[PDB]
Asker: 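Sending over a structure as structure tokens; questions will come in a sec.
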Amino acid sequence: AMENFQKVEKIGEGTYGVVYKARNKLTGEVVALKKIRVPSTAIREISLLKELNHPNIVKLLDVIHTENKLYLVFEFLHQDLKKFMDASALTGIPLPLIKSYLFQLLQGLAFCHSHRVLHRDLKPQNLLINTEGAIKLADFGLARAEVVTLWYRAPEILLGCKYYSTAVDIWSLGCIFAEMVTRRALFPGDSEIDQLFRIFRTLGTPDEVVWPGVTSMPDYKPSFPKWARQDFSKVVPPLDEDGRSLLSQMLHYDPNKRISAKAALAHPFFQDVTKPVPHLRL
Ligand SMILES: Cn1nccc1Nc1nccc(-c2ccn([C@H](CO)c3ccc(Cl)c(F)c3)c(=O)c2)n1
């Protein structure tokens, strides 16, 4: 099984696996090999993911289930968005590239969501880029299948909703959009309550007016402090009014009011979208 792969170097770790750059000794392919750690339900879900192919989803090439361990073989990309943001931080990512990346990831999400597949853990480290200007979603579907970052968590998850929706991915992508534009994380919480209260300090403590049902959510407390909302003009300067209007719709508290990926693709912010090429030093 694995004897067919030659490890080159380590490129990631999760709470349950390690990812190596590796070479397929068979095909000559260079790949990302994720070594996990097997429940049959996980096998069938992962198998369904192999069919979920889109230009903005990192391709799952092979699933090897062997010596009762699990290897996932992915398309290799040379950089993630976290590294590209850090590399770009003196100057910032140019707006047309931010806009191209947001549009592409919304295409990725629209495709996944149309097949009822949620990502659930979008973050810059899971967004992979190449020299041609493409950006792709990684780790897609693997959640339903080493401190965990909370920064991009939708508030319905933080408030204990078990049966949340595709809207959680739009919230995460909105947080990443804001971070591209300002070169700072939007809500960098370091615990669940710190995350929730950073959201409330910026967008206002949610109530029944803006989010019907919120006061009955599992981890909602009447004792939450009540902060007023701030203007987006203060939150993501100097993003223009189209970009701010789109971000506001992606960060609506009520997941049912939050914009869908498909609707976001029609937003006027993308009327002049283009596909620039990044400066990548590899
Ligand atoms: C060279 N380089 N630098 C950064 C990324 C890459 N290239 C690359 N190419 C294809 C896939 C991946 C890739 C990376 C990280 N992860 C996550 C990061 O959150 C990850 C989740 C779960 C566990 Cl268990 C893990 F170890 C790593 C991927 O899923 C998949 N990376």
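When a residue number appears, it is its place in the shown sequence, counting from 1. Counting starts at 1 for both ligands and their atoms, following the listed order. Values below: all heavy atoms of this structure, side chains included; hydrogens, waters and symmetry mates excluded.
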Asker: Which chain is the largest contributor of contacts with ligand 1 here, and what is it called in UniProt?
Answerer: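 The chief partner is Cyclin-dependent kinase 2.
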Asker: Out of curiosity, which of GDC-0994, VT-464, MLN8054, AMG 319, AMG 337 sits at ligand 1 here?
Answerer: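 Here it's GDC-0994.
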Asker: Mind pulling out the residues near GDC-0994? I'm using a 4.0 Å cut-off on non-hydrogen atoms.
Answerer: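 Heavy-atom neighbours of GDC-0994: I11, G12, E13, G14, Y16, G17, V18, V19, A32, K34, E75, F76, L77, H78, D80, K83, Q125, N126, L128, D139.
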Asker: Considering only non-hydrogen protein atoms, determine which one is nearest to atom 26 (F) of GDC-0994 and report residue, atom name and distance to 0.1 Å.
Answerer: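 The protein heavy atom lying closest is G14 N, 2.6 Å.
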Asker: Looking only at protein heavy atoms, which one is nearest to atom 6 (C) of GDC-0994, and what is the separation?
Answerer: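 The closest heavy atom on the protein side is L77 O, 3.5 Å.
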Asker: Only heavy atoms of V18, strictly under 4.0 Å: list the atoms of GDC-0994 that pass.
Answerer: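 Those qualifying, in numeric order: 26 (F).
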Asker: Which residues, listed by UniProt as ATP-binding in chain A, lie less than 4.0 Å from GDC-0994 by heavy-atom distance?
Answerer: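 Going by UniProt and heavy atoms, it's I11, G12, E13, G14, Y16, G17, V18, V19, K34, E75, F76, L77, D80, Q125, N126, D139.
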Asker: What UniProt domain of chain A accounts for most of the contacts with GDC-0994?
Answerer: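 Most of them fall in UniProt domain Protein kinase.
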Asker: Atom 20 (C) of GDC-0994: which protein heavy atom is closest, and how many Å away?
Answerer: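 Looking at atom 20 (C) of GDC-0994, the protein heavy atom closest to it is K34 NZ, 4.0 Å.
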Asker: Can you list the atoms of GDC-0994 that are under 4.0 Å from a heavy atom of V19?
Answerer: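 Listed by number with element, the hits are 25 (C), 26 (F), 27 (C).
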Asker: Of all the atoms in GDC-0994, which lie at a distance below 4.0 Å from a heavy atom belonging to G17?
Answerer: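 Close to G17: 24 (Cl), 26 (F).
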Asker: Right, does atom 8 (C) of GDC-0994 have protein non-hydrogen atoms nearer than 4.0 Å?
Answerer: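 Yes; the ligand atom in question has protein heavy-atom contact below 4.0 Å.
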Asker: Give the UniProt active-site residue in chain A with the shortest heavy-atom distance to GDC-0994, rounded to 1 Å.
Answerer: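 Nearest UniProt active-site residue by heavy atoms: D121, 6 Å.
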Asker: For atom 5 (C) of GDC-0994, grab the closest protein heavy atom and report residue, atom and distance to one decimal in Å.
Answerer: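 Looking at atom 5 (C) of GDC-0994, the protein heavy atom closest to it is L128 CD2, 3.8 Å.
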Asker: Which protein non-hydrogen atom lies closest to atom 10 (C) of GDC-0994, naming both residue and atom, and how far is it?
Answerer: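 So the nearest neighbour among protein heavy atoms is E75 O, 3.1 Å.
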Asker: How close does the nearest protein non-hydrogen atom get to atom 18 (C) of GDC-0994, and which residue and atom is it?
Answerer: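 That would be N126 OD1, 3.2 Å.
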Asker: Could you tell me which residues in chain A that UniProt says bind Mg(2+) have heavy atoms under 4.0 Å from GDC-0994?
Answerer: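 The UniProt Mg(2+)-binding residues passing the heavy-atom test: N126, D139.
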Asker: I'd like to check which GDC-0994 atoms, numbered from 1 as shown, lie under 4.0 Å from a non-hydrogen atom of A32.
Answerer: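 The list of qualifying atoms is 9 (N), 10 (C), 11 (C).
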Asker: Identify the closest protein heavy atom to atom 30 (C) of GDC-0994: which residue and atom is it, and at what distance?
Answerer: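 Minimum-distance protein heavy atom for atom 30 (C) of GDC-0994 reads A138 CB, 4.2 Å.
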Asker: Could you list the atoms of GDC-0994 found under 4.0 angstrom from a heavy atom of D80?
Answerer: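 Contacts of GDC-0994 toward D80, numbered from 1: 4 (C).
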